[PDB]
Amino acid sequence: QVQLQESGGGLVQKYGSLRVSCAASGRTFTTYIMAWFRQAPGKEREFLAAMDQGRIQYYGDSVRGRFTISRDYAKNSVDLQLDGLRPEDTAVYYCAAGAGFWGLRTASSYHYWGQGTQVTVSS
Amino acid sequence: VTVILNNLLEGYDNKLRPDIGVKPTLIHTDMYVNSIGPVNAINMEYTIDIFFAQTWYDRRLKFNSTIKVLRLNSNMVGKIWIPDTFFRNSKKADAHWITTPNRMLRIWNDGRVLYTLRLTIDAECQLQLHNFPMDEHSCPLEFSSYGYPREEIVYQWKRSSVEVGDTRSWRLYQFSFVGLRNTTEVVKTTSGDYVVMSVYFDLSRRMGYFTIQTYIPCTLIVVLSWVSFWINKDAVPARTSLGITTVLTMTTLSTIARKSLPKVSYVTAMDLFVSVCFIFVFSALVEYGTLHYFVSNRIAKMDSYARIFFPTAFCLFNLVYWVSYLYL
Amino acid sequence: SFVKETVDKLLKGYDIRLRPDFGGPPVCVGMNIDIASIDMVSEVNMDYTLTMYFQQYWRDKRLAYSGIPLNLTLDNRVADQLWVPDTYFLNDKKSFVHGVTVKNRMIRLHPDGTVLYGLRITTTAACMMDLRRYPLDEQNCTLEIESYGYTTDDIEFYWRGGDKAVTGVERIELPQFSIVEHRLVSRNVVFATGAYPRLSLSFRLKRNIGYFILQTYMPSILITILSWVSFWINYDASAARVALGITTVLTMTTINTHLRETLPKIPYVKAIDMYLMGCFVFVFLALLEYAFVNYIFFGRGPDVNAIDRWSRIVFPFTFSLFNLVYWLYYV
Amino acid sequence: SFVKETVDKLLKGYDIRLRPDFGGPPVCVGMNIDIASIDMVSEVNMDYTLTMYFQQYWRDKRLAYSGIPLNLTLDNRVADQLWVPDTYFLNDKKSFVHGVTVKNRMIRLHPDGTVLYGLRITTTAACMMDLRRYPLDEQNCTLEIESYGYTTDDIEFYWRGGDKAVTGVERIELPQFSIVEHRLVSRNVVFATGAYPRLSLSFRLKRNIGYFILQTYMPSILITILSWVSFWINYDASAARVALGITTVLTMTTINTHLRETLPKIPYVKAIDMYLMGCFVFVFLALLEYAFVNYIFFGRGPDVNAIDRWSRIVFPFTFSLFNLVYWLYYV
Amino acid sequence: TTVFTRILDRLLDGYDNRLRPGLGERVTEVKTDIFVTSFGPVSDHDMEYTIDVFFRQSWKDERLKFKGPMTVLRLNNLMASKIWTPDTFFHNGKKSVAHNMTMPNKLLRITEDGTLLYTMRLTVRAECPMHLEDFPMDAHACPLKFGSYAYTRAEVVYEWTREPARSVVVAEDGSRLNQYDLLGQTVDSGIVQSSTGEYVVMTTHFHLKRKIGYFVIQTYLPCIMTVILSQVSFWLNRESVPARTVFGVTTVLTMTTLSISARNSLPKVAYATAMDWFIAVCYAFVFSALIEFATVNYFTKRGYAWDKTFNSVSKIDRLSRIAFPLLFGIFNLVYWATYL
Amino acid sequence: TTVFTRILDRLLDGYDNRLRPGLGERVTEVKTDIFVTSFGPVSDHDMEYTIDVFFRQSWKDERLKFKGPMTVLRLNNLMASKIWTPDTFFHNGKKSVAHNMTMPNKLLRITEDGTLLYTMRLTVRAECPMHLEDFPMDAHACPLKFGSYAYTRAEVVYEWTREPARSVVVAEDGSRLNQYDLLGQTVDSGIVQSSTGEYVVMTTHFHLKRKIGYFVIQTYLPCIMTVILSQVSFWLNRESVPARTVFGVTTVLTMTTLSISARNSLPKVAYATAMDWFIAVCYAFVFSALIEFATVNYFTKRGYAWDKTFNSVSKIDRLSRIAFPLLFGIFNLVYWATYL
Ligand SMILES: *[C@@H]1O[C@H](CO)[C@@H](O[C@@H]2O[C@H](CO)[C@@H](O[C@@H]3O[C@H](CO[C@H]4O[C@H](CO[C@H]5O[C@H](CO)[C@@H](O)[C@H](O)[C@@H]5O)[C@@H](O)[C@H](O[C@H]5O[C@H](CO)[C@@H](O)[C@H](O)[C@@H]5O)[C@@H]4O)[C@@H](O)[C@H](O[C@H]4O[C@H](CO)[C@@H](O)[C@H](O)[C@@H]4O[C@H]4O[C@H](CO)[C@@H](O)[C@H](O)[C@@H]4O[C@H]4O[C@H](CO)[C@@H](O)[C@H](O)[C@@H]4O)[C@@H]3O)[C@H](O)[C@H]2NC(C)=O)[C@H](O)[C@H]1NC(C)=O
Ligand SMILES: CCCCCCCC(=O)OC[C@H](COP(=O)(O)O[C@@H]1[C@H](O)[C@H](O)[C@@H](OP(=O)(O)O)[C@H](OP(=O)(O)O)[C@H]1O)OC(=O)CCCCCCC
Ligand SMILES: CCCCCCCC(=O)OC[C@H](COP(=O)(O)O[C@@H]1[C@H](O)[C@H](O)[C@@H](OP(=O)(O)O)[C@H](OP(=O)(O)O)[C@H]1O)OC(=O)CCCCCCC
Ligand SMILES: CCOC(=O)c1cncn1[C@H](C)c1ccccc1
Ligand SMILES: CCOC(=O)c1cncn1[C@H](C)c1ccccc1
Ligand SMILES: *[C@@H]1O[C@H](CO)[C@@H](O)[C@H](O)[C@H]1NC(C)=O
Ligand SMILES: [Cl-]
Ligand SMILES: [Cl-]
Ligand SMILES: [Cl-]
């Protein structure tokens, strides 16, 4: 069965660099869009980054220039490098994959979701 | 010869036809038909490969020298004036460029210019497919100048105007080339009256392919439905399965017959034959259905009559059909 | 000798980048079309191919000349030195100017400065067809003629000759269609970059029914009629009546399969589909009628003949009534 | 303005007819390819289509410039003013450079004289496929990159980046194939005109079997099984057992006919052909088995049930045994 | 008219079209919008679609400032080749056409401040990787990506002219789609990193929903009618061995014909589509109706039908007249609810 | 490299490429050489074959003599357009391609004495007239003729570089044939006469033999099995009229389908092929088997089979079990002796 497993995270000091990796299994996502979302407590899921089969990177405005998304198409994995971390960035980060129907920034377009990795920044 | 060529082009203007404002430029055309390619009935066209030769006089190209003729490649073709000959019924047409432009230019000392090039032309031929596959067509090939009316350019066939090769390497699979004729006429367009030169190629279809493909398979199925007349009438599953499967096969055969034709809305000869074969196999099943009904419930001798009537009627139809379409 | 100096003078200082009356009023371009052939009206590709002689007329006072009482026809390569309208065809998918033996192009100058510009064009133009009444449908295929870069402040289009601008329509012969009429329309289209002149040539095509009668309608009718032979076969003959019924069912399948292989994948029912579905239902019900006859005799025996007599009348009457409503609705 | 004067001096006196170091050591050209897609892997045409970004690097000292700490990315039309390698693909059949909106070409200069020259190319390259094990076959399709007119004394090719000179293979998703590996080979090829540098890019393609299981293998297996049903019908039911036997023979022909129409006319036997022949023999032998039973009872009677009971075991057992030998030999 | 000729000559005097405007000084900003005149047909077999657009690009070139009677020069498009233009290309484009009948379908307008407007008419064939698991009830987001071929984002950046949702406009009646419905489009912009540098990519995703009408008529309806026909055999007497065998073998042959012909227009994918499952299940029902008769015939004792003792109506036949129609209705309820 | 720039500038100064070398003094002699990198597929429908070659031409031009450091100038192919080259064309060619990726696939080498080497990469599509009487056991001699378009044999003569057999070389692993074997080539030269003069022609005949394997598998084997199937009915009892009618009808319809599809690989020629006769004879065997049963049924007196008098086994059936297999086996030996 299809499973997405986030790794990394935990606690990071302010300004620290954190790399969050997602491992996919049960289906090859070469032709899919592998994305990252985060959910601050008491808040809706916020699009962070995406990367399609053509290695095109999409970003949200609040994280553009700070977070970087990369994909290892051989390993069927998507990674999100976190830099310039601030306490406002503390949330649960979710790995997602989908065909991007009605928009790759909408969360309803992704059929596969990871469980979620907690990332916390302590100031 | 470099001096001669340089002086001929010095002060030369290739945008103006020779003797412009004086008299029409007389062009003598000559055609060597290398091959007449396949005749496509669906697209209503045929392919022809020719060496197209054009001759005219240009007094600006006279020269006094010991040499009598300048024999040149296609380099000089774009530097002198050339007729704007186009083919009026050509759907597609290409010149040849391998390994170089397949063009030849020869200039005599009295100004006569011979221009020849190799052309492959897809020419439009509106075929009338009545009597198909026993049809004959005259497929034309018309050419004229695009922009010069009769007052400015005149075409004229030479003594040996259209020449054909061995007519055996030609890609005429279904047709046999029987002859050609060349005509000249004037056509009035909105931009003037133009001299139009036409070559008509007469083609007669070979029905050998269609006899193997349509006439013989359809006839055998008609013969197949007559086998039931000799089977005992008590064999209801045998007579009925023979009758209806024979009709099913005629339905398939009718579609295959028209696959190579344009979807014309009139009846051809082949349609008439396939339709009549359909009526025969339809009647064979109705013949048994009549006999089976009246016997379970002279008329009982219907099988004896059908053994004679059906082969005789089908031979009679074939007598009228082939006489009408081959002789009449 | 004098003609060469005149043509040399016209092209000296000529700016091809500027239209006639560049800073002034729009230049009027008159168009007429001589249709050579229409071919390949494709339902599958939703397009048609047109070969035409496309003539454009306009005055360029920079090209006025005097002393020569002739209309100077020049070699077609002079068109690359003169300004010509940027006319294009909006619904054109693929087109070319013919180029044998030379580019099929004409430039004729007139002493008052008028330019006649002719092109021999083959174009494949898009024509989205509504096939709901196919094969008894009528199609309206159009050709949209427009200027690309010049707005109505720079250029004006008109049909030169009014209703006589387009010729050669009556000589066109399409195997599957008859050209009922053609219309000429002049109007202006607005885009985000301005308002542009547009000329529209539209044909009304009526599809010929004769091909489809022999191809699909007749075999469907004869297959349906032969399915009624079973009603005259004794009810004992299960193998005869089942083989007759099943084979007629399969014939209608082959008829539809041959038909749909030549058509695009449209998501609605055509008129021909409506007929084939109707004939299938009649042929399917004739086979169900025997199963009912067989079931009543053997599954309830422990009036079988009356069902066959009822079917001998109702099936021919209902089918002939089905054809009556079908053809009166579509024809 | 400084850049404009710099470029003019670089191109002033530049001779495009002469390669860098024309009378000296060969120019080393580094190549890397970004594969955009592979499509149209055809057995009918024996070719595959490849879209790639083809980058070539070399140092031309005539193009070395000073004073500008930038890498001069110029308009792609300057490529026509520079020397570029006469690189070509030997097994290429039809190839084009993309030209929308402009020619998909890049020229990037560097101060020391290095030239980066990139092209976006779609090429259809010939790939002769051995189909003896089709559809369980592994194919090897290559792209042969060679200099046309410069021998190894004038030009040298290498893969820029070594084994990482080709990217994008891991992102390729072929509907019918899986890429197992790709290799980069550098070598020399000798012709009658000299020895030439060659770079090879080869892929290994493994065909997916899933499509053919649903298309040919399963309908053949189920039809073969269905022909065993006659072994459970009474010997005197000749009409039923012949109808079942002949219909299974006809069904095997339809499966092969559809498969035949999708393949090139090859002279040998493919793996799928071996299976359909095997299934046809089993279906043919089941029909012949009834003829044996019918002849024994009717033509020789003047045990019948033993033969049918014997066939109920042998035909399922031999057909499963046939599948065992077949799939072990090809999987 | 020589006033405008002199202005053009001054603009092109000492002008280098090999250098992008602001080279070495700033980043060239190109504003783009697309007018879709027709969203062409979608080819499932090639996983490609066709689109016809007016592709509009605008940028500022300070070398093209002028003063004259007009504030905009609506020039012949041959002027475009003499100045610098963006080298925009479509990343997923397969084989595109820049129309040039009867002339290059391009316009060039220069405003006095130096702003250029440069639009061209294009036919683009673009890759649309489809996931056909839910076919023929599938939906696709076909992308259209474009950007600079040679200039990295430190040199040339692209932006949408107006708001991104308004920078791509489709004509009202320009649909050339046959078996798809254009539900809408989403407009975005991203970044691609390649071996040559980092590039701005402008994307538009066209969201297409396949219409199911064709496949109901030509595949689903024939399959259902073949299953219904196969179950008519259950209502015939058991002593009709030839008749009930014809029912079994003809419907099996029919389902085989339907099965091998239903994927003719699709790419030969390894996975099974939704339509494959329906045909496979319809095959099982048709296959089981002939196995059912074999079981019924195996327990038939007498070779003569009812006009001594006679055979009885099979209990297998009595239950099959109910179970087979009922279970096929249950499958259709589950199948259509699962995918619709 | 200014030394070589001067040499090239000096050579091209005053050079008239409109004039062939040695004009007015000697016949220009062109030594030709063909290297076939791949003998492409043969098209039966179009009666044409494809071939990918290195076309090499060599001649002497005294105007291009030079003295310098290098004895041979291996130049860019752009230089070739500035000098005279032979206007060689293929007489039977149809639509050839000069490859232009990534550059013109041409080379030009000038030795110091004026000798020129000029090779180009081409895909030639040439007409190959085929006599298909013996199809599919036929063999063909596909020609390849080339010569000067404009220059008569008084001006330009062609010659093979080496012995003619060694002047046309096929690469070891270049065969792109599916249905043919390349048995070798015959190299020759001649003179053609036209209205414009006599021209030297260089001819090569590639000899091809059709591989019969596909037609054995797809046509002959199904025809043989249909004939065997039709003869099975001889072994069934004469009272199984529906069973034996199904044998006769289905095998005849199978032969009808086979006859239609056996012509699809060929141009629609008007004569019969060797495969047409095999199918025609197989049809006669299959049709006679059904006619044989009709005769047997005509002399069947009772509608019931053996379990009151009973029908005897037909003498016609007894003889047909021997005559039909024997006559078909005799025909097969004679057929395959005639053509193999
Ligand atoms: C929309 O856009 C498309 C794409 O841009 C346009 O298509 C372009 O159209 C133009 C104009 O027609 C073409 O330019 C001319 O092409 C001819 C023909 O050769 C080309 O086409 C061949 C195939 O034909 C295809 O196109 C034609 C239309 O052109 C069409 O009818 C046909 O169906 C088919 O589609 C190709 O085989 C050929 O390739 C071969 O040759 C190439 C080099 O030419 C070579 O690189 C290839 O590898 C291959 O071997 C080629 O693509 C050319 O003959 C012509 O060039 C001559 O004429 C022009 C006229 O202005 C002249 O300026 C040139 O200098 C040249 O004339 C010299 O050579 C003549 C022949 O020997 C000679 O007679 C002259 O005297 C002159 O000689 C002078 O120079 C030589 C050499 O320096 C010197 O030695 C002499 O001393 C003397 O100084 C043009 O190039 C484009 O090719 C074509 N492009 C494409 C991709 O299709 C389309 O037209 C646009 N539509 C509209 C409505 O605008
Ligand atoms: C799909 C295939 C399923 C195969 C299931 C196979 C299941 C299986 O083993 O069936 C055997 C039996 C046959 O029943 P069926 O009605 O067909 O046959 C009767 C049965 O053999 C009686 O026992 C006979 O009577 P008697 O004792 O001699 O007096 C009678 O003879 P007669 O009175 O005419 O002379 C026969 O006609 O069926 C069931 O018991 C119901 C199964 C319902 C199964 C329902 C499944 C949906
Ligand atoms: C396409 C082949 C067409 C062949 C057409 C051949 C037509 C032809 O000649 O038919 C006559 C006869 C029919 O033979 P067949 O055995 O089928 O018919 C028996 C025959 O009619 C006896 O006369 C009948 O007995 P009697 O007199 O009433 O006591 C006997 O009745 P019964 O015992 O059941 O009551 C019938 O069954 O055939 C031959 O003798 C062998 C011919 C071999 C011909 C060559 C075969 C290869
Ligand atoms: C009862 C309705 O079913 C049918 O008509 C039906 C079912 N299988 C086949 N057909 C017919 C032949 C058909 C299919 C498609 C279009 C038109 C006609
Ligand atoms: C004994 C072998 O004969 C057959 O397999 C045979 C004969 N007629 C038909 N077939 C089958 C369908 C077949 C033909 C060709 C390839 C694969 C399968
Ligand atoms: C036809 O050609 C012949 C030469 O073969 C010529 O004499 C005759 O005048 C031509 N006919 C016409 C009508 O031009
Ligand atoms: Cl022909
Ligand atoms: Cl579509
Ligand atoms: Cl081949």
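Protein chains get the first letters and strands the later ones, always in sequence-line order, with residue 1 at the start of each. Atoms within each ligand, like the ligands themselves, are counted from 1 in listed order. The figures that follow rest on heavy atoms only: side chains count, while hydrogens, waters and symmetry mates do not. Method reported for this entry: electron microscopy, 2.6 Å.
- Lab note: drug at ligand 4 identified as etomidate.
- Against etomidate (ligand 4), the chain with more heavy-atom contacts than any other is given by the PDB entry as Gamma-aminobutyric acid receptor subunit beta-3.
- By chain letter, the other chains having a heavy atom closer than 4.0 Å to etomidate (ligand 4) are C, E.
- Counting heavy atoms under 4.0 Å from etomidate (ligand 4), residue C/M277 touches it through both backbone and side chain.
- UniProt transmembrane segments of chain C (numbered N-terminal first) having any heavy atom under 4.0 Å from etomidate (ligand 4): 2, 3.
- Heavy-atom distances show that, of the 4-aminobutanoate-binding residues UniProt gives for chain C, none lies under 4.0 Å from etomidate (ligand 4).
- Of all the atoms in etomidate (ligand 4), the ones that sit under 4.0 Å from a non-hydrogen atom of C/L276 are 17 (C), 18 (C).
- In terms of protein heavy-atom proximity, atom 10 (N) of etomidate (ligand 4) is closest to C/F280 CD1, 3.6 Å.
- Less than 4.0 angstrom separates some heavy atom of C/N256 from each of these atoms of etomidate (ligand 4): 14 (C), 15 (C), 16 (C), 17 (C).
- Scanning C/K270, E/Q218, C/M252 for the heavy atom closest to atom 12 (C) of etomidate (ligand 4) points to C/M252.
- The atoms of etomidate (ligand 4) that sit less than 4.0 Å from any heavy atom of E/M225 are 3 (O), 7 (C).
- Protein heavy atom nearest atom 8 (N) of etomidate (ligand 4), with residue, atom name and distance: E/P222 CA, 3.3 Å.
- Contacts between C/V281 and etomidate (ligand 4), counted as non-hydrogen atom pairs separated by less than 4.0 Å, involve the side chain only.
- The atoms of etomidate (ligand 4) that sit less than 4.0 Å from any heavy atom of E/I217 are 15 (C), 16 (C).
- Annotation: atom 2 (C) of etomidate (ligand 4) to nearest protein heavy atom, E/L221 CD2, 3.8 Å.
- The histamine-binding residues of chain C named by UniProt that have a heavy atom under 4.0 Å from etomidate (ligand 4) are zero in number.
- Entry name for chain E - Gamma-aminobutyric acid receptor subunit alpha-1.
- Residues in other chains coming within 4.0 Å of etomidate (ligand 4) by heavy atoms are C/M252, C/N256, C/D273, C/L276, C/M277, C/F280, C/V281, E/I217, E/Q218, E/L221, E/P222, E/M225.
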